[PDB]
Q: 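Here we have a deposited structure with cloprostenol present.
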Amino acid sequence: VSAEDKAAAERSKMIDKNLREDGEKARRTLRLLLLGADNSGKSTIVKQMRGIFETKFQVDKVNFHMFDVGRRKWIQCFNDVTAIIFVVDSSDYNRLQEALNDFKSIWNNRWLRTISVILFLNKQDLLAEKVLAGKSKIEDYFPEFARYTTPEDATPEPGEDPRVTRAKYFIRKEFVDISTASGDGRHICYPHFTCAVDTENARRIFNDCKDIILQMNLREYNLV
Amino acid sequence: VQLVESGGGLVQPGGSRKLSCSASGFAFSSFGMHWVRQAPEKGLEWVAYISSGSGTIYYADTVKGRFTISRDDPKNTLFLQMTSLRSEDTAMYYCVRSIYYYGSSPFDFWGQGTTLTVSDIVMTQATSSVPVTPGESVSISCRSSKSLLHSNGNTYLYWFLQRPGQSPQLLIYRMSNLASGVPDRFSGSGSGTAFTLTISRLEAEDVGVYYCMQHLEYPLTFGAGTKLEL
Amino acid sequence: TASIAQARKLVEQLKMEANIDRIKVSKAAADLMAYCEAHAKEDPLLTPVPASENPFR
Amino acid sequence: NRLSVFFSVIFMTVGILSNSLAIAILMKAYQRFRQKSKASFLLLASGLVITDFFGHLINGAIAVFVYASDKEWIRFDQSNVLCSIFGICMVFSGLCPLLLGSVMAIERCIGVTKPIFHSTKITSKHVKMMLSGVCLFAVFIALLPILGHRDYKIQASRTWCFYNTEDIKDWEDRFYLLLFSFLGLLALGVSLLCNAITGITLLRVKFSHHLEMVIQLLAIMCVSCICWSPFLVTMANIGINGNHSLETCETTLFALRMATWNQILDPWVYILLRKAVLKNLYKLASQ
Amino acid sequence: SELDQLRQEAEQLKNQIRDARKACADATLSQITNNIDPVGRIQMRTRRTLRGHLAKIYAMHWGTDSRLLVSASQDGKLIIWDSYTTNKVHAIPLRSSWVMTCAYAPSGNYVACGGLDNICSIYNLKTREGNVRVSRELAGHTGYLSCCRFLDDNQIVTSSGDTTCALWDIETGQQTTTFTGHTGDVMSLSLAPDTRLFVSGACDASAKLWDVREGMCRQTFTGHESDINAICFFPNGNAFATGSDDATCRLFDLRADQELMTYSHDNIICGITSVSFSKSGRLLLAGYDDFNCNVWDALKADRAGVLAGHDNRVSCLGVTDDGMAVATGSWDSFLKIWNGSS
Ligand SMILES: O=C(O)CCC/C=C\C[C@@H]1[C@@H](/C=C/[C@@H](O)COc2cccc(Cl)c2)[C@H](O)C[C@@H]1O
């Protein structure tokens, strides 16, 4: 090893030191992927909490970095995010089947087998008004809704109409049925009912991320 | 890229003096730094070296124990603390930057120098002076006591040109490569211990003293120097 | 009139591709085989070099 | 009578095989999990199994040598250097697993109760610093009698070297026994406290891998305490009551062999006795 | 009426091309190369492991000196490696960490990269300041940047997910030529040795040959059943190989205008990420999703060897210009240098 080679090798180690320091800084934030349709309203979810659109929000001194790309090819980039925030518009019955197929592609993606999905069934206030009016029927788009009943073990919110509760649990069940059809516990869906004024979405992500990281640790401790 | 030296001046024997080298226009923390001095009517002599990140420090034997070299990266300042100054230390001290990676050009930039007045591989340049005329080809020879060819294929030989009144400038690094901003007429050829610097179509600007330096190992040593005169 | 404009472009492109000169596959196969044979000796991955000539010892 | 060559040979053989099998599995598992996270547990588990592998090898080889030499310490250890080396190895091979098992309990308690803080604030360097600090601390305690002008004395069985326990007079002689017993019992106390918190937390959260982990924690708490409590309490009894206590040679020797199985069962309780691990070994055994 | 008539003529033209290709398919490459001896078993060892990337490696490219290489990872770091010593020469922090491609200029003075930011960024490696700086950001693509290759210090070709390729003038920052005709995301491109043509593979399972100067598609190559992820020119420029998600590699001929050979195995059911040729072109090296790199006999479609040294997807690979070694990059954040021994 020559005199210049030693100086070059010392330069390499100074590079390695800053590579490790930046890697530790990158691990101090949790990375989220925001997905949804045009009518989902995922932008309003982000704004209340706050080629690639990025937003940073903090919950209990924990930094979250959420990416909204604005797809089978570039979805491989987000192979190591903490969670995927998939947003749907539950009010629009016509496009619910599009969301179910969109959710099915993400859930069954080969490069997202270990990524848990934090489902946000957005715009619940519109869904409640739509059921109350009765002009449109979910049974028209989903024939199996006519024979669906609210589970006896269900826990509806106080002051909630049973018709709205029956509709909300049916819509949630459709997404959950896709989630439980495959995965075998590698990833877990975390459905939530959100509206355009709900301000607890950030904490719901924080609480769900605790379970996602805990499930990750449990596989490390057990799958040895 | 700028390198300004300060702190030089007339000092009493046995005294202490602090030399500063302020760097501007380049990433100072990325470059290793050398101090090179030149005694009046004498050749260049390497003094000390501090690496990027201050992790490695080297001194010449004639100054080891008396000189301390340090740098302040946030202030982009290079320091040389001198103690027990002798009459042998009267020289012009140059601040030299040098970065080391594959294909880099160490010793590429020299400072203007500061004057201090006090009240081992052998590099040989036997030809002290060469009378030259413009437009004629000139060859300068350098010899080393040890082979400068390393087992990695590099030959750590450098060529410098010090025009009258100016700081030295890098011409050839690692015995064959041409430094940035140097005309293509300069060409470096060598093998083992014998090296030749060929200057085709000599011009007025090329007039000066030429030094060959080895970077195979520390301490870095310079040749006596070959002067070109018209 | 977007579809009709695109149809003309696709048809025009297929005309250019259909008018090229094609050599036989046997002729093309021989050329690929010939190039591999001629440069076989200067392929270090095909014929590994002695350790003295390997920069990655 | 109660002592024989085959006791050391069988325990060393099983301990080496159990640890060597766990080393191969841990190396493959770490490469898979180092991509998802820092795999702090797999780093600490690897340090434990490697330490136990050398604990059974270095101490087992010396013990077999003493048995093969007809326990002739005077003839073959005139310089009194082997006993000091044997004492340092025995203390390190027993104290380090106790401290390492205590750090793993703390590390996995944070990873369960505070998963986000564990994931983001704690880095891979901190785990390596903690892993190295425990091993160095165990070496420091092992070297403490040597630096304190004391020397490890040959025990009653005359087959292993440890602190002086027969006719202790000076207060420094009884200090080493108390210090070793206190550190061992403190490690067990911290391991019990952290594993219990982790197990209780999972049960509350559960009501997939929660029940698998709870059974793992129960095995760690039972095996660690049952194996090491008789020896640690015996040393405390000797340290406090001195020779007046009924600490017979048979009782001390039996307690030592119980503590030996803690290192033997550590690969099984931490790694090998896992449903994922057993399935992989089932396929390998068939092939 | 007019629209219906025109689309009928396209079908007739497609049959005309298909008949024309069938006319010149007198023999098969397998029949031609049956007599030649096989390459035997190709054994390569990991000479070097490049450590320092802390995330998935997405791209690598050798420099023309066969010693320096640039790799891109989604930790937002461009690293230039000295492969002989494993020393890191540079570490370029990327403004956008979602990088998908990287290129080393043939002169060695520039590197390029880009990803989901829809930008191809040019970095100057030879500055008087001693640091790497961005020299150009090439904007104009409306999709992610999937591949980029320098023609010289002033020209670069980029492929994007907006179904188009572009030729750029780096000094002016404008795309002089746009290559349109792919109906899916273009995932890769390869330059011909003379840099007058380049092939691109898209997710429409088709490979198009483009003229750089003229700016139009000369030929279209079909035959894959899924998205094409990788493409590489044959060393003489008269052929190229592709890799798709259908677990197959196909060798297309430019002059014969058709596929010549398929490289697939029954055990292989995973997608292909990267393809490259040895210096003589006799070996086709392909990276796979099953964590392995399979070395194929290009002429005989025989699996010559396997490079098994990664614990995640092999995302990229490349062979040096002198043919001495092959580098493989992977999602496990490591790069490995391979060559055989006598
Ligand atoms: O002759 C006899 O019957 C008894 C003497 C045997 C001497 C050493 C026993 C070693 C074992 C070492 C295990 C280490 O983990 C140390 O274990 C301990 C245990 C109690 C206290 C402390 Cl401080 C550490 C190894 O398995 C094989 C061999 O028998």
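Quick note on labels: first sequence line is chain A, next is B, and so on, each numbered from 1. What you see below is based on every heavy atom in this structure, not just the backbone, and it leaves out hydrogens, waters and symmetry mates. One-based numbering, in listed order, for ligands and for the atoms of each.
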Q: So I'm looking at this entry - what's holding onto cloprostenol (ligand 1) the most? Name it the way it appears in UniProt, please.
A: Prostaglandin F2-alpha receptor
Q: What other chains contribute a heavy atom less than 4.0 Å from an atom of cloprostenol (ligand 1)?
A: D
Q: Within 4.0 Å (heavy atoms only), which residues surround cloprostenol (ligand 1)?
A: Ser8(D), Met12(D), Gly55(D), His56(D), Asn59(D), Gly60(D), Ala63(D), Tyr67(D), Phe86(D), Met90(D), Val91(D), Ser93(D), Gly94(D), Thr159(D), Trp160(D), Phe162(D), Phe180(D), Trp228(D), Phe231(D), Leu253(D), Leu256(D), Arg257(D), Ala259(D), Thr260(D), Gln263(D)
Q: Would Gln263(D) count as being in polar contact with cloprostenol (ligand 1), using the rule that some N or O on each side must be under 3.5 angstrom apart?
A: yes
Q: Under 4.0 Å from any heavy atom of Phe180(D), which atoms of cloprostenol (ligand 1) are there?
A: 23 (Cl)
Q: Report, in ascending order of atom number, the atoms of cloprostenol (ligand 1) lying under 4.0 Å from any heavy atom of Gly94(D).
A: 24 (C)
Q: What atoms of cloprostenol (ligand 1) come within less than 4.0 Å of a heavy atom belonging to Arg257(D)?
A: 3 (O)
Q: Write out the transmembrane segments of chain D that have a heavy atom under 4.0 Å from cloprostenol (ligand 1), numbering from the N terminus per UniProt.
A: 1, 2, 3, 5, 6, 7
Q: Which of the numbered atoms in cloprostenol (ligand 1) are under 4.0 angstrom from any heavy atom belonging to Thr260(D)?
A: 11 (C), 13 (C), 26 (O)
Q: Under 4.0 Å from a heavy atom of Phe162(D): which atoms of cloprostenol (ligand 1) are those, numbered in the order shown and with their elements?
A: 23 (Cl)
Q: Pairs of nitrogen or oxygen atoms closer than 3.5 Å, one from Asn59(D) and one from cloprostenol (ligand 1): do any exist?
A: no
Q: Look only at interatomic distance and state if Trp228(D) has a nitrogen or oxygen under 3.5 Å from any nitrogen or oxygen of cloprostenol (ligand 1).
A: no
Q: Which atoms of cloprostenol (ligand 1) have any heavy atom of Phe231(D) under 4.0 Å away?
A: 21 (C)
Q: Of all the atoms in cloprostenol (ligand 1), which lie at a distance below 4.0 Å from a heavy atom belonging to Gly60(D)?
A: 27 (C), 28 (C)
